[PDB]
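We're sticking with the PDB entry numbering for chain A, so the shown stretch reads 7-13, 39-181, in order. In listed order, ligands and their atoms are each counted from 1. Heavy atoms only: backbone and side chains are in, while hydrogens, waters and symmetry mates are out. If you check the header, you will see the structure was determined by X-ray crystallography, 2.1 Å.
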Amino acid sequence: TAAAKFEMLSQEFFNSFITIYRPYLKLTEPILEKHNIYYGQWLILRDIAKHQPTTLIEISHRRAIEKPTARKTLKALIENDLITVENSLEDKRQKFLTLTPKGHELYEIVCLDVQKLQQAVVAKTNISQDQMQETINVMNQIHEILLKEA
Ligand SMILES: O=C(O)c1ccccc1O
Ligand SMILES: O=C(O)c1ccccc1O
Ligand SMILES: O=C(O)c1ccccc1O
Ligand SMILES: O=C(O)c1ccccc1O
C-alpha cells in the first residue's frame, strides 16, 4: 500500500536506472509500513531530520513539491507526533519544524533497516566498490543537468 500509495544505448541506459525505482520502493515498503509511515511522509521526515530547524518553505523547495502537498504531509507528521512546530504568531509556512523524540526514534530505525537492506542487495551481486563509485560518478553528472535545467 505504501509503494502503491506513492504510485539506442542512451535509451537502454536511462531505462536501466529509471525502471529500478518502483521495484526498489516495493522492496523497501515494509520498512516504512512497520513504522506506520508512508513514503511521502518519510521523505519529508528525513528532509527535516537533515535540515532542522527548517520550514515548510525550505522543505517544499528542496523536495520540489507543491506547498499543498507539503502542507498536507506535514500536517499528518504533526498529527502523528513525529514533528513539532515552533509556536509563533507568524504564518505556519514560516514556523520552525523539528523532529519530536518519537520522530527521531522512527528515523534511526528506518534509516538503519534501509542501509542494511541496501547492503544485502549489493551482497547478492558481483558489484564492486569501484563499480559503485564509478556509477555514482555517472549518475551525478546526469543529475547536475536535470537540476540546472530546472
Ligand atoms: O528521492 C526519492 O524520490 C526517494 C523515494 C523513495 C525513497 C527514497 C528516496 O530518496
Ligand atoms: O533512502 C532510501 O533509499 C529509502 C528507501 C525506502 C525507505 C526510506 C529510505 O530512506
Ligand atoms: O519526495 C517528496 O518529498 C514527496 C513528499 C510528499 C509527497 C510526494 C513526494 O514526492
Ligand atoms: O498545521 C500546522 O500546525 C502546520 C505547521 C507548520 C506548517 C504547516 C502546517 O499545516
Hey, quick one: which chain has the most contacts with ligand 1 in this structure? I'd like the name as UniProt has it.
Uncharacterized HTH-type transcriptional regulator SAR2349
List the drug name given for ligand 1.
salicylic acid
For salicylic acid (ligand 1), note which part of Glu60 has a heavy atom under 4.0 Å away: side chain, backbone, both or neither.
neither
Please compare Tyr52, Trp73, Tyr70 and report which has the shortest non-hydrogen distance to atom 2 (C) of salicylic acid (ligand 1).
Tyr52
UniProt domain of chain A holding most residues touching salicylic acid (ligand 1)
HTH marR-type
What part of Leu56 sits under 4.0 Å from salicylic acid (ligand 1) if we count only heavy atoms: the side chain, the backbone, both or neither?
side chain
Closest protein heavy atom (residue, atom, distance) for atom 4 (C) of salicylic acid (ligand 1):
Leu74 CD2, 3.7 Å
For atom 10 (O) of salicylic acid (ligand 1), what is the nearest protein heavy atom, given as residue, atom name and distance?
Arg77 NH2, 3.0 Å
